[PDB]
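Depicted below, oseltamivir carboxylate in association with Sialidase.
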Amino acid sequence: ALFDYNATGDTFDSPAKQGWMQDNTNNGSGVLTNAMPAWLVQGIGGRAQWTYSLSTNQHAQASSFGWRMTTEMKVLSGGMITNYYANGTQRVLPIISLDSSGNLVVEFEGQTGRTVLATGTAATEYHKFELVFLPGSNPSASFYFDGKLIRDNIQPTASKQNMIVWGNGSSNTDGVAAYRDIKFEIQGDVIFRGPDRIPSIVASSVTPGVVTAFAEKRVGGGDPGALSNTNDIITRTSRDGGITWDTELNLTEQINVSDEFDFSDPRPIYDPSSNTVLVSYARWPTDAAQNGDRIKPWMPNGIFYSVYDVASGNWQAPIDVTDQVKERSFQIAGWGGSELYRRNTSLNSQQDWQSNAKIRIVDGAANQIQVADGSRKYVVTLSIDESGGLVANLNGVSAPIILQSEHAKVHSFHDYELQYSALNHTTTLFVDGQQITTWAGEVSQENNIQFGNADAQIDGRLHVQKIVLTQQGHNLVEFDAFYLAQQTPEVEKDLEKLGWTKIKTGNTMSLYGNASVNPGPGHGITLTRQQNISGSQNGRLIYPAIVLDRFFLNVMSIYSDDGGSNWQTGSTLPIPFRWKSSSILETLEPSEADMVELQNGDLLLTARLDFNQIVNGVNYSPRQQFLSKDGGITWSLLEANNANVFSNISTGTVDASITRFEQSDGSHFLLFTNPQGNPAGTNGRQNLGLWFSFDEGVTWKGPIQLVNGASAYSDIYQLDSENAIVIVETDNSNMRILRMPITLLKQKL
Ligand SMILES: CCC(CC)O[C@@H]1C=C(C(=O)O)C[C@H](N)[C@H]1NC(C)=O
Ligand SMILES: [Ca+2]
Ligand SMILES: [Ca+2]
Ligand SMILES: [Ca+2]
Ligand SMILES: [Ca+2]
């Protein structure tokens, strides 16, 4: 909430015409002045000041969420120039004056001594005076003069005064000052009310002042997937930098006509090229979702986006991108074991045959597709090498073959075709129609087609969409995992019931997946520093989404290199595992995540780690950072870069936010928000903190406490050259707006 006085020239320029109450005594007075229009306070032989009354609830909001008072004035003479705020019990009182040398000085009630602010002709010229109050158990204000920190940790002092005040607050002491502008802002206006939840926010650089915020509208409350709620995506827009907001708009009820769905996790990206907001969100059937792993691949989970045209205020109807981002496959994780499927066949080695296998290599090695024709065996083994390239080894041939070096292509599906020539008794491998090589395989009496992960001592994971075997104009074998993966449970999908033999050693997991994809909470980004990042590009839209294969959550990039027309997925985060007992996996589950592009084009990602945090005695904490050096395709776990780097961060699991802040001089740093807990560094969703990184995410300074009270999910975005805007869940999950003077606050560090 903003309470202000602005002199414009309009002879409404009286503070009285702008809601202020004249409070003069004796000969105290005031008059409009126009050097540039201003109100001249004339506290000559009397008091001359202006006041504004606030409600109990307004004072309480100010106490819980902070406030700031900004004055542009010049002091002409005298003293007791008192611009301040008093809430009925306490106040922070700066007293500004000209001293006996004509120097402009300030002193504070409750602190010792004075500070010179300006000397010479500067003392009686206009300046900008800012008081910023940060809430907390032991709260304090800081005072700034033309943007520079003058005094910090100014603790409030007792006063029964109850008003916003500016001018010359003394009858017995002359003071004369001209005011161009007074702004008192109470932080924390409610923008979305609980039990709505899960906020995100972005701001338009092309149209300064435009801010677009999102949440889940939860009729009935609670997470998606409950029969007792119908959840939609809602949005509001500000055009004055987040002070006022237009009408709450339900973006998804138009595609939720029978309340058959829940939508969740609005993830906006601001696009400066089109000046648009593209917000992606999850769809779920209303009665099943991510919680409990209840969502299944045959159910209508997917991802849609809506586009806001900032220039017109138009919201475009939702667009479904589920087919592009929700993989359908049979997945074999040969992690600590091997798992192969073999279909015995009756190939005639004296006739040609052909096979096709559509396969994605997720990680590792010993991933195989094999055909044996009763005379010879042909095996292609697919691995990820040290530099993250895709490599083929053929049985009987010493030299490996590099198939791909570009990381997106390394982990995408490819068609592996074997063409056997009876005449030469050799087989030619084609990959995506490209002839790769010809080899003779090995002698064998086996007669089958076989695929999976082949070695219990070599970890690998491969996903399969199609397998075909053909001879003499007939398909002998056909397996369409892409089709089967999305069928309901009454369609037979068990390979062992479909004529395949399962050959498993040790511990493995396999499944048809994925069960769901979810953009996750917060916003995404457009990349602009990718020039020297091989295989990547500027203009990429990207966000870190949550994928559930069947039972385990993890994070992968979802991105578009054509402005949002077509979307692609990257690899999931690399995480440790351990089999604590047969078929019981100890591992991590990264879920709610946020990423930022560093100065060198590397991407820094911070992820909430849910459920178990400990693998082989190693505690990864409730939060873990990851780094991508290839534009978001693949990631690396940053050792010892977890919750530990955010001093006094809360110890409970919760969504966080991260973003880049750029100053007018081109300097930059990172901002991060998360509760501290109360006390700081304990469990609760209380006391939102702000952390800074001036070194590309290696260390973090802070926190600066932003909120005194409930603080759960949050999102932070740069608002302008000097401010960041924060949306944060608070009491009863009520989402509130903070507008934080970052360039001021950083000076407290
Ligand atoms: C994925 C993180 C977590 C796993 C327990 O679930 C989230 C936690 C939440 C929470 O801790 O408050 C609320 C989120 N809306 C929920 N996500 C979904 C899709 O229901
Ligand atoms: Ca409805
Ligand atoms: Ca529901
Ligand atoms: Ca987030
Ligand atoms: Ca699970």
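Residues 51-61, 63-86, 89-802, in that order, are what chain A shows, numbered as in the PDB entry. In each ligand, atom 1 is the first atom listed, and ligand 1 is the first ligand listed.
Every copy of oseltamivir carboxylate included, the relevant parts of the model are ligand 1. Checked against UniProt, the substrate-binding residues of chain A with a heavy atom under 4.0 Å from oseltamivir carboxylate turn out to be: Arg250, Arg661, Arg738.
Within less than 4.0 Å of oseltamivir carboxylate, no other ligands or ions are present. Annotation: atom 6 (O) of oseltamivir carboxylate to nearest protein heavy atom, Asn344 OD1, 4.0 Å. With respect to atom 20 (O) of oseltamivir carboxylate, the closest heavy atom belonging to the protein is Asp276 CG, 3.3 Å. When only interatomic distances are considered, the shortest N/O to N/O separation between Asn571 and oseltamivir carboxylate does not fall below 3.5 Å.
Regarding atom 8 (C) of oseltamivir carboxylate, its nearest protein heavy-atom neighbour is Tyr766 OH, 3.2 Å. Heavy atoms of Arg271 found under 4.0 angstrom from oseltamivir carboxylate belong exclusively to the side chain. Here the protein heavy atom with the shortest distance to atom 4 (C) of oseltamivir carboxylate is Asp663 OD2, 3.7 Å. Closest protein heavy atom to atom 1 (C) of oseltamivir carboxylate: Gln343 NE2, 3.2 Å. Among protein heavy atoms, atom 7 (C) of oseltamivir carboxylate sits closest to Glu645 OE2, 3.4 Å.
At under 3.5 Å, a nitrogen or oxygen of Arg738, whether backbone or side chain, sits near a nitrogen or oxygen of oseltamivir carboxylate. Here the protein heavy atom with the shortest distance to atom 5 (C) of oseltamivir carboxylate is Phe664 CZ, 4.1 Å. Protein heavy atom closest to atom 12 (O) of oseltamivir carboxylate, with residue, atom name and distance, is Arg250 NH1, 2.8 Å. Residue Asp318 places no N or O, backbone or side chain, under 3.5 Å from any N or O of oseltamivir carboxylate. With non-hydrogen distances under 4.0 Å, the site around oseltamivir carboxylate consists of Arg250, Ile251, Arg271, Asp276, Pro277, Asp318, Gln343, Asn344, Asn571, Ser644, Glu645, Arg661, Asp663, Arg738, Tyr766.
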Please produce the table of protein N or O atoms sitting under 3.5 Å from N or O atoms belonging to oseltamivir carboxylate, one pair a line, distance to 0.1 Å.
unit_1: oseltamivir carboxylate; atom_1: 11 (O); unit_2: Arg661; atom_2: NH1; d: 3.2
unit_1: oseltamivir carboxylate; atom_1: 11 (O); unit_2: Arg661; atom_2: NH2; d: 3.0
unit_1: oseltamivir carboxylate; atom_1: 11 (O); unit_2: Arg738; atom_2: NH2; d: 2.7
unit_1: oseltamivir carboxylate; atom_1: 12 (O); unit_2: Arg250; atom_2: NH1; d: 2.8
unit_1: oseltamivir carboxylate; atom_1: 12 (O); unit_2: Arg250; atom_2: NH2; d: 3.3
unit_1: oseltamivir carboxylate; atom_1: 12 (O); unit_2: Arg738; atom_2: NH1; d: 2.9
unit_1: oseltamivir carboxylate; atom_1: 12 (O); unit_2: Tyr766; atom_2: OH; d: 3.4
unit_1: oseltamivir carboxylate; atom_1: 15 (N); unit_2: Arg271; atom_2: NH2; d: 3.4
unit_1: oseltamivir carboxylate; atom_1: 15 (N); unit_2: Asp276; atom_2: OD1; d: 3.0

